[PDB]
J.: 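Quick one: the structure is below, questions incoming.
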Amino acid sequence: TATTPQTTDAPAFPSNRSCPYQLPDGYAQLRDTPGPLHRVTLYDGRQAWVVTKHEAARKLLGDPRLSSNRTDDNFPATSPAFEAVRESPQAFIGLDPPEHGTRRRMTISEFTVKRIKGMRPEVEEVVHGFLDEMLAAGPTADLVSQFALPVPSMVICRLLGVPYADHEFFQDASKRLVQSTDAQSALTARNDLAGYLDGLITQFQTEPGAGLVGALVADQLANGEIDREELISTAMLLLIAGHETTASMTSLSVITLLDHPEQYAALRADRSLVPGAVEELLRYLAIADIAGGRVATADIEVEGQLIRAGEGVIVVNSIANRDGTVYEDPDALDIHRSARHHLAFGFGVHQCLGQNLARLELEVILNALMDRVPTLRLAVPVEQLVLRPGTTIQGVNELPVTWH
Ligand code: HEM
Ligand SMILES: C=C1/C(=C\C=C2/CCC[C@]3(C)[C@@H]([C@H](C)CCCC(C)(C)O)CC[C@@H]23)C[C@@H](O)C[C@@H]1O
């Protein structure tokens, strides 16, 4: 057995949060360490780089020498489950220019400022509908299953043209896919979603329908400009991203704001602060903090350190968002600060497609909770909650809440 000191210069990565709104101890360690880059050891024993500073993160996310090719052998997979991404055709998140651009542009029209603005009445209706259903069901509710998840689910389903009648199926499959612990479990959830989306495509070919999937079938698919499997992958990416991210932000935002009563009170008293508070919560909670995996296709020198071709690089936006040279006292929640320039949504060509939809949803959600249920509180201590591991989208699967 090992009879010598166990200190390493390439710590295990990722790490799990112990506090919903604070970096794992190991991540705080990396944040405090000088230099833009640090060595880590991934689950499979391979070494990769992490990017741990704000400006360096922007630079590297903008660098065309860092590929998003998830089918590349050297891609820094963070868990066994990740191996189900490199099994089907890639959605544009796993593509590089010029392929990335041709696919992304097929979807952008649904996420424009004009369209997002137009969605506000719809989002407000959905939020208040699930809210008054939960409240009528009586206190001691799970905010996740009863509010946090169904809200963005219904909204993204309308955008895509996915029938909400099938929600129990695809919500379950989404959770199984994103939170899968092994490759086999992930592949099964993917195959389940794929078969369903495949059926929807055939339905659309017979009888055209509304939504992005409807449009892609009638247009790009009919022209052979997108492969059928690519359409499935694209729809799956938007469906899952649309579900899981906003849900995670809602639940973690509630926990975080309840732990900062003075700021939450301030928020209630002046709703002009909500858009700014949403940005701060995005910066602070960074729920997709390892959604910045890359592979170097050429040598890259970064402030005296060399990233070699073939090496994996993960841009860790939670750590980058806690860069004290950009955000004064970075580990303090401050809804009054400028959280502008944060990396919660990434940067560059792969910068979050849904970011303005997420902003709208969270603004509507927070205003709704403050309007309708100002006495919302956790029904269990924060210590009794179970946080998801650092290998997946950050959040809680259950959030016991009560009110008066
Ligand atoms: C709720 C807060 C959200 C956060 C924190 C978040 C985070 C991120 C991050 C960090 C990326 C960059 C990934 C990379 O560079 O590899 C990304 C990309 C993406 N996100 Fe978001 N996301 C959120 C909400 C959403 C929503 C609601 C949608 C709706 C469809 C969405 C759809 C997408 C898509 C399609 C991409 C890939 C963009 C591309 O590769 O060109 N996201 N997201
Ligand atoms: C939806 C898609 C697919 C898989 C998504 C998965 C499967 C494996 C585990 C993943 C990649 C989860 C990750 C463990 C979450 C951590 C963030 C990350 C490692 C991606 O930074 C989130 C989504 C999950 C199938 C693909 O065909 C389309 C789309 O691409």
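For chain A, we keep the numbers from the PDB entry: what you see runs 4-407, in order. Technique stated in the header: X-ray crystallography, 1.9 Å. Whatever order the structure lists ligands and atoms in, that order sets their numbers, starting from 1. In what follows, every heavy atom counts, from backbone to side chain, and hydrogens, waters and symmetry copies are set aside.
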J.: Determine which of carfentanil, dinaciclib, calcitriol, diltiazem is the drug at ligand 2.
T.: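 The correct choice is calcitriol.
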J.: Which molecule here shares more close contacts with calcitriol than any other chain, as the PDB entry names it?
T.: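 Main binding partner here: Cytochrome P450-SU1.
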J.: Binding site of calcitriol: which residues fall under 4.0 Å, heavy atoms only?
T.: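 Non-hydrogen contacts come from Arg73, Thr81, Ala84, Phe85, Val88, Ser91, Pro92, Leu180, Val181, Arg193, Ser236, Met239, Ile243, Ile293, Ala294, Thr394, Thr395.
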J.: What is the residue-and-atom partner of calcitriol in a covalent bond, if the model has one?
T.: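 No covalent bond is modeled.
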J.: Among protein heavy atoms, which lies nearest atom 17 (C) of calcitriol, and at what distance?
T.: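 I find the closest protein heavy atom is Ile293 CG1, 4.2 Å.
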J.: Nearest protein heavy-atom contact for atom 9 (C) of calcitriol: which residue, which atom, what distance?
T.: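 So the nearest neighbour among protein heavy atoms is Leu180 O, 3.8 Å.
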J.: If you restrict chain A to its UniProt calciol-binding residues, which of them have any heavy atom nearer than 4.0 Å to calcitriol?
T.: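 A heavy atom under 4.0 Å occurs in these UniProt residues: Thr81, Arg193, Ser236, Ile293.
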J.: What protein heavy atom sits nearest atom 8 (C) of calcitriol, and how far away is it?
T.: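 Answer, as residue, atom name and distance: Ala84 O, 3.3 Å.
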J.: Has calcitriol got any nitrogen or oxygen that is less than 3.5 angstrom from a nitrogen or oxygen of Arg193?
T.: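 N/O-N/O distance below 3.5 Å exists for this pair.
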J.: In terms of residue, atom name and distance, what is the protein heavy atom nearest to atom 13 (C) of calcitriol?
T.: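 Result: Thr394 O, 4.1 Å.
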J.: Return the residue, atom name and 0.1 Å-rounded distance of the protein heavy atom closest to atom 2 (C) of calcitriol.
T.: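 Protein heavy atom with the smallest distance to atom 2 (C) of calcitriol: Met239 SD, 4.2 Å.
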J.: With nothing but distance in play, are any N or O atoms of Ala94 less than 3.5 Å from an N or O of calcitriol?
T.: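 It does not: no N or O of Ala94 is found under 3.5 Å from an N or O of calcitriol.
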